[PDB]
Trainee: 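I came across a structure with raltitrexed and want to understand it better.
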2 protein chains.
Amino acid sequence: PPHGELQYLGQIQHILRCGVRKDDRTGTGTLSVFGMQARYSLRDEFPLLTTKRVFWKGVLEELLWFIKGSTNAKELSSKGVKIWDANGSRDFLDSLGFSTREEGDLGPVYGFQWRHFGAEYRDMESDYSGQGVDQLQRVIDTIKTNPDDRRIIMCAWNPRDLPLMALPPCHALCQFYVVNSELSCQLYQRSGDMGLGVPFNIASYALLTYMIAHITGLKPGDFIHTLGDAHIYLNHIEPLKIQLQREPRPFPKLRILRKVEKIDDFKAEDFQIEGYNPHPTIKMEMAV
Amino acid sequence: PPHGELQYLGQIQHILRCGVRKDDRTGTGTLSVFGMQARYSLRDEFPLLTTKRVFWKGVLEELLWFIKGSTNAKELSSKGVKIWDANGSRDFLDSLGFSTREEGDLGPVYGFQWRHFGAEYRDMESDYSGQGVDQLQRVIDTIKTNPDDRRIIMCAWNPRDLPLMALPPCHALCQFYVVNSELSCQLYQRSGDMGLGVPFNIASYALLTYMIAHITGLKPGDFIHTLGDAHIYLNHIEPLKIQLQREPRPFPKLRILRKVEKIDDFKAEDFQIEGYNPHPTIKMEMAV
Ligand SMILES: Cc1nc(=O)c2cc(CN(C)c3ccc(C(=O)N[C@@H](CCC(=O)O)C(=O)O)s3)ccc2[nH]1
Ligand SMILES: Cc1nc(=O)c2cc(CN(C)c3ccc(C(=O)N[C@@H](CCC(=O)O)C(=O)O)s3)ccc2[nH]1
Ligand SMILES: *c1cc(=O)[nH]c(=O)n1[C@H]1C[C@H](O)[C@@H](COP(=O)(O)O)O1
Ligand SMILES: *c1cc(=O)[nH]c(=O)n1[C@H]1C[C@H](O)[C@@H](COP(=O)(O)O)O1
């Protein structure tokens with residue numbers, strides 16, 4: 001079969017060639033296409049793009065960070081991953097009307113929604129243990145007791161909390177699916193920065209599926225990536241054209257070195273990416 | 001000029017050919033595939049399937065019923081559309097442990113979530129005016145003022161309310177998009193009964209897009225249908241095979257018979273499907 005990475009490269013080709021110029025919140029301007037989907041096999045291979053070196057350390061730490069239910073950019077930043085620090089800045093928080101909010105407090109985003117959906121948000125320092133719906137655990141439990149369930153959904157998009165977010169989730173929800181001992185996951189990404197966030201986001205959900213398959217005794221199946229506003233920022237056009245001239249390389253594999261029982265038990269050292277031979281890193285300037 | 005209906009027919013082919021046997025909640029059994037996407041153009045045509053006659057009256061009536069904010073099956077039944085009566089019957093309600101609920105009360109379903117997301121659900125007769133988030137109107141307001149917004153989402157999936165729903169929404173959420181004066185809509189349907197619900201569902205959202213496009217002064221663009229568990233029930237394989245032998249006929253057109261100002265203003269007589277010439281109707285027994 002063909003290299004799964006060609007789907008992503010193909011989506012980049014399409015947007016660059018046929019995407020429509022669409023202004024945006026950041027003011028950078030974009031080339032956009034509405035509605036896209038790709039299927040990444042998770043069977044004996046891991047979808048970490050090769051046409052560009054993907055910041056894997058960032059992916060792994062962000063997910064563990066999400067899993068802990070943290071909304072403090074400081075805690076992830078202490079791991080050497082600064083991807084969310086800009087959004088927790090004093091200046092940025094103020095530009096949204098969050099002047100009384102401490103620096104690093106991203107609001108009730110991902111982690112908070114996944115583990116405490118519906119809980120009354122105070123601040124990043126608050127203890128929400130036992131508050132709200134722990135969707136992640138409910139998803140894990142359902143997969144174990146009734147794998148045929150067609151309602152295995154973890155939703156980050158919370159209408160009543162959007163006002164408190166420094167940035168509404170680019171990932172509204174994801175759905176899990178089990179058939180013949182294989183676990184699949186589909187992500188609905190309402191908005192996708194193709195050159196920066198997407199490659200990262202793909203690896204992230206592929207990792208989450210591996211983690212959940214591991215503790216549920218299942219084999220990773222497919223990761224389906226569904227996009228809403230799939231866009232390429234104007235300043236990413238040139239670097240993306242360089243990346244398109246690169247031939248994909250066999251996807252690496254992901255090894256889980258230890259037998260884990262609970263999702264909260266995983267640690268960075270538990271994972272190992274082997275056979276990852278990517279082309280040189282390509283810098284995509286952040287939009288703001 | 002590939003006919004738009006070929007996508008739905010191709011999805012049926014794929015599932016019959018590659019779908020995997022998967023038991024289900026109803027005990028009927030299905031052929032299943034996880035993750036699918038189809039794009040139905042809404043430009044000078046309406047995607048009402050022709051390889052079988054679709055119950056358009058039901059489609060229109062159900063959507064007007066959603067907009068009214070109703071969660072009472074009887075209010076739709078009184079229009080001659082009985083699609084939700086079973087899910088509101090005494091026996092079915094009792095089977096889910098809702099014996100204290102009145103017959104016809106579907107719980108916090110679409111009507112409620114769309115117009116009062118977050119509000120505390122009491123019963124189908126309660127007045128929720130001013131309670132919760134009226135996502136529908138907010139969506140309309142944003143389309144009219146900031147069309148580039150990548151967060152135009154209407155969510156029906158509410159983790160907090162699920163334990164009260166007679167049937168968790170098969171349509172988790174939808175996202176709207178605007179470019180070149182065209183309004184597009186993507187639906188994330190977590191579970192799709194390909195033979196029964198899907199054809200109907202596709203018409204439902206195409207209609208919603210036509211409605212919003214009308215009140216916002218935009219032209220309908222694309223309707224992207226995204227599926228989670230796309231399945232063909234076993235007792236639908238024979239009739240679907242017959243349907244697949246039928247050549248689609250040009251899609252009809254949808255006419256709005258007068259300038260409507262507000263979404264709540266639409267009445268059934270404001271719409272006319274013209275040039276609809278479907279093949280004979282194909283009954284698809286309900287599963288359970
Ligand atoms: C416009 C915009 N696009 C984004 O993709 C985006 C992403 C995040 C958060 N996030 C989920 C991120 C994932 C990956 C990131 C990133 O900057 N990656 C660089 C790595 C450079 C480095 O830190 O060493 C890269 O992949 O090149 S940032 C926050 C705001 C955003 N804003
Ligand atoms: C297993 C199952 N599949 C469904 O598609 C489904 C749909 C609803 C509600 N819904 C959203 C529906 C949309 C269309 C419907 C339907 O029965 N359509 C028939 C029409 C027969 C008639 O004319 O009355 C059809 O299209 O053949 S039902 C409730 C439970 C379900 N249960
Ligand atoms: C958000 C977060 C993420 O994990 N990955 C992403 O791709 N993004 C991107 C999408 C978009 O360019 C921007 C968020 O902006 P908006 O809310 O869509 O306006 O970050
Ligand atoms: C639900 C409602 C709708 O509008 N469209 C649909 O196709 N369905 C289908 C999907 C599934 O076969 C069943 C609902 O069951 P479940 O909750 O997925 O188990 O009806």
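Lettering of chains follows the sequences in order, A, B, ..., and the numbering in each one begins at 1. Values below: every heavy atom of this structure, side chains too, minus hydrogens, waters and symmetry copies. Method of determination (from the header): X-ray crystallography, 1.9 Å. Whatever order the structure lists ligands and atoms in, that order sets their numbers, starting from 1.
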Trainee: So, about raltitrexed - where is that in the structure, copies and all?
Mentor: ligands 1 and 2
Trainee: What name does the PDB entry give to the macromolecule most in contact with raltitrexed (ligand 1)?
Mentor: thymidylate synthase
Trainee: I'd love to know which other chains sit under 4.0 Å from raltitrexed (ligand 1), counting non-hydrogen atoms.
Mentor: A
Trainee: Which residues that UniProt lists as binding dUMP in chain A have a heavy atom under 4.0 Å from raltitrexed (ligand 1)?
Mentor: A/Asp193, A/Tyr233
Trainee: At a 4.0 Å threshold, what atoms of raltitrexed (ligand 1) neighbour a non-hydrogen atom of A/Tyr233?
Mentor: 1 (C)
Trainee: Looking at the entry, what source organism goes with chain A?
Mentor: Homo sapiens
Trainee: Between A/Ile282, A/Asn87, A/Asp85, A/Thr26, which one has a non-hydrogen atom sitting closest to atom 29 (C) of raltitrexed (ligand 1)?
Mentor: A/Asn87
Trainee: Nearest UniProt active-site residue in chain A to raltitrexed (ligand 1), and its heavy-atom distance to 1 Å?
Mentor: A/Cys170, 6 Å
Trainee: Answer side chain, backbone, both or neither: which part of A/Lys283 comes under 4.0 Å from raltitrexed (ligand 1), heavy atoms only.
Mentor: side chain
Trainee: Mark up the atoms of raltitrexed (ligand 1) that fall under 4.0 Å of a heavy atom belonging to A/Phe200, in ascending order.
Mentor: 13 (C), 14 (C)
Trainee: Report all residues and nucleotides of other chains within 4.0 Å of raltitrexed (ligand 1) (non-hydrogen atoms).
Mentor: A/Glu62, A/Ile83, A/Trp84, A/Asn87, A/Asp193, A/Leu196, A/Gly197, A/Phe200, A/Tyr233, A/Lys283, A/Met286, A/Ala287
